[PDB]
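Model: histone deacetylase 8 / ligand vorinostat.
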Amino acid sequence: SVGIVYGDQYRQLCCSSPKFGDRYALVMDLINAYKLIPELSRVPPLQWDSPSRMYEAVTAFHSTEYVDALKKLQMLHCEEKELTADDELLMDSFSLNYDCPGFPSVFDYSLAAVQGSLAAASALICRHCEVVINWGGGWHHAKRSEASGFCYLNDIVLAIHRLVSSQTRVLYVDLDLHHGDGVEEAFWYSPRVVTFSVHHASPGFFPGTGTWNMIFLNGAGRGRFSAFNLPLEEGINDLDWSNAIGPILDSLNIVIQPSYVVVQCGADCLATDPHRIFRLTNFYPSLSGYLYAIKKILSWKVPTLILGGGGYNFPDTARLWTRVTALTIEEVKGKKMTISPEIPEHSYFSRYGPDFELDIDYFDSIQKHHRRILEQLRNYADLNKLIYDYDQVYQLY
Ligand SMILES: O=C(CCCCCCC(=O)Nc1ccccc1)NO
Ligand SMILES: [K+]
Ligand SMILES: [K+]
Ligand SMILES: [Zn+2]
């Protein structure tokens, strides 16, 4: 069974931010226009018995002082009066400024993604769903006491923490254009949560990590060799990104044998994203790199959490996430999900113009990374006393 996080209030909150606007409504209404909703189990966002219970849940990762500053930021932004000099200093000390500004629903908006991803982790734990999708989540940059790249609360870390605390090993796969720094850092010292981020990295490109350090860092203490990274040069197409990631994913699965897989599916790798870095598509016959990776992960038959993330071309993010959703139903249930290449009529139909089609409107260094990663995987397996066939893994690359 495939679950999807949705709710009336959830949709209102996920649509309340200045950066992501109505993106979540476009994604959910396109999935609905394509008649996918009757094939999915609605997973309600988690709600708490009291403010103390909510604080206990969020503070499993975030500091109380940061959560307090985030809630104060919402309160201050619900008042006409400008912030005092003292409050400006307090907010800057948590990086609650710049690409992480305040807005009237900043706390409710941030908390909603945590509510959705924690409920999605619970549905996997109780075996109600084999896979759960949360297009309102995937806020990979948020740190313990710091907002970063429009991520205020780290719903991923919190969902993984719920999964690990459920012998349990979690594999985290981050497909976003940006390095999954917040998640990687949270589990830097933990061998039980293996993190893998594929992303662009170049001088001055956000956040600056997931690449050669001035050496390639990969975790510390008992978590040494547990944080995997594949930085890629700009312009990579569906096929080359699929071949660069494919052997890594299969190798991680074979060696780690994860109990759960958590996938961040940021849509900013799309050729049509305004970042204009990678040339990935949502094409499903070249085959979308996203659809290739998700199909591979799903073939493992491991309980999986699929989350959103980046994606600044709202109708193109909806086009991709609708295809990921339909593919998830197909792979899990074995039921063919035929999707018309024409966008069906609905509320947001006008946003898919002027052509109104489902396909997005688009027409060696890796070998050295593969050898380095294989060696890191062997090192991780030896440190963690894991049994694996080296020849079976080496042959994958
Ligand atoms: O996508 C991110 C965050 C990256 C840094 C935050 C800036 C996001 C942004 O505003 N991107 C953009 C939007 C419109 C046009 C061009 C770039 N993390 O995964
Ligand atoms: K990534
Ligand atoms: K780790
Ligand atoms: Zn991104």
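We're sticking with the PDB entry numbering for chain A, so the shown stretch reads 2-167, 177-224, 232-302, 315-392, 402-435, in order. Both counts, for ligands and for their atoms, begin at 1 and track the order of listing. Below, each value reflects all heavy atoms present in this structure, side chains not excepted, and no hydrogens, waters or symmetry copies.
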Name every ligand number or chain letter assigned to vorinostat. ligand 1
May I ask you to identify the nearest protein heavy atom to atom 14 (C) of vorinostat, giving residue, atom name and distance to one decimal place in Å? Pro291 CG, 3.9 Å
Organism for chain A, per entry: Schistosoma mansoni
Pull out every atom of vorinostat sitting under 4.0 Å from any heavy atom of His141, numbered as shown with elements. 18 (N), 19 (O)
Counting heavy atoms only, which part of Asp285 comes closer than 4.0 Å to vorinostat: side chain, backbone, both or neither? side chain
Okay, covalent or not for vorinostat? And if covalent, which residue and atom? none
Residue, atom name and distance, where the atom is the protein heavy atom closest to atom 12 (C) of vorinostat: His292 CE1, 3.9 Å
With a cut-off of 4.0 Å, which other ligands or ions come near vorinostat? ligand 4 (zinc ion)
Should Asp186 be counted as touching vorinostat, given the test is an N or O pair under 3.5 Å? yes
For atom 10 (O) of vorinostat, what's the nearest protein heavy atom and its distance? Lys20 CD, 3.9 Å
Protein residue, atom and distance nearest to atom 1 (O) of vorinostat, heavy-atom basis: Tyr341 OH, 2.6 Å
Quick test: of every protein heavy atom, which one is nearest to atom 18 (N) of vorinostat, and how far off is it to 0.1 Å? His142 NE2, 2.7 Å
Considering only the protein, which heavy-atom contact is closest to atom 5 (C) of vorinostat, and what is its distance? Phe216 CD2, 3.7 Å
I need the residues around vorinostat for a figure - heavy-atom cut-off 4.0 Å, please. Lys20, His141, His142, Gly150, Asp186, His188, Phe216, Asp285, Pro291, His292, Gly339, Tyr341
For vorinostat, find each of its N or O atoms that sits under 3.5 Å from a protein N or O atom, and tabulate the pairs with distances to one decimal place.
from       : atom 1 : to     : atom 2 : distance (Å)
vorinostat : 1 (O)  : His188 : ND1    : 3.1
vorinostat : 1 (O)  : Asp285 : OD2    : 3.0
vorinostat : 1 (O)  : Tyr341 : OH     : 2.6
vorinostat : 18 (N) : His141 : NE2    : 3.4
vorinostat : 18 (N) : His142 : NE2    : 2.7
vorinostat : 18 (N) : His188 : ND1    : 3.4
vorinostat : 19 (O) : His141 : NE2    : 2.6
vorinostat : 19 (O) : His142 : NE2    : 3.2
vorinostat : 19 (O) : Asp186 : OD1    : 2.9
vorinostat : 19 (O) : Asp186 : OD2    : 3.1
vorinostat : 19 (O) : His188 : ND1    : 3.4

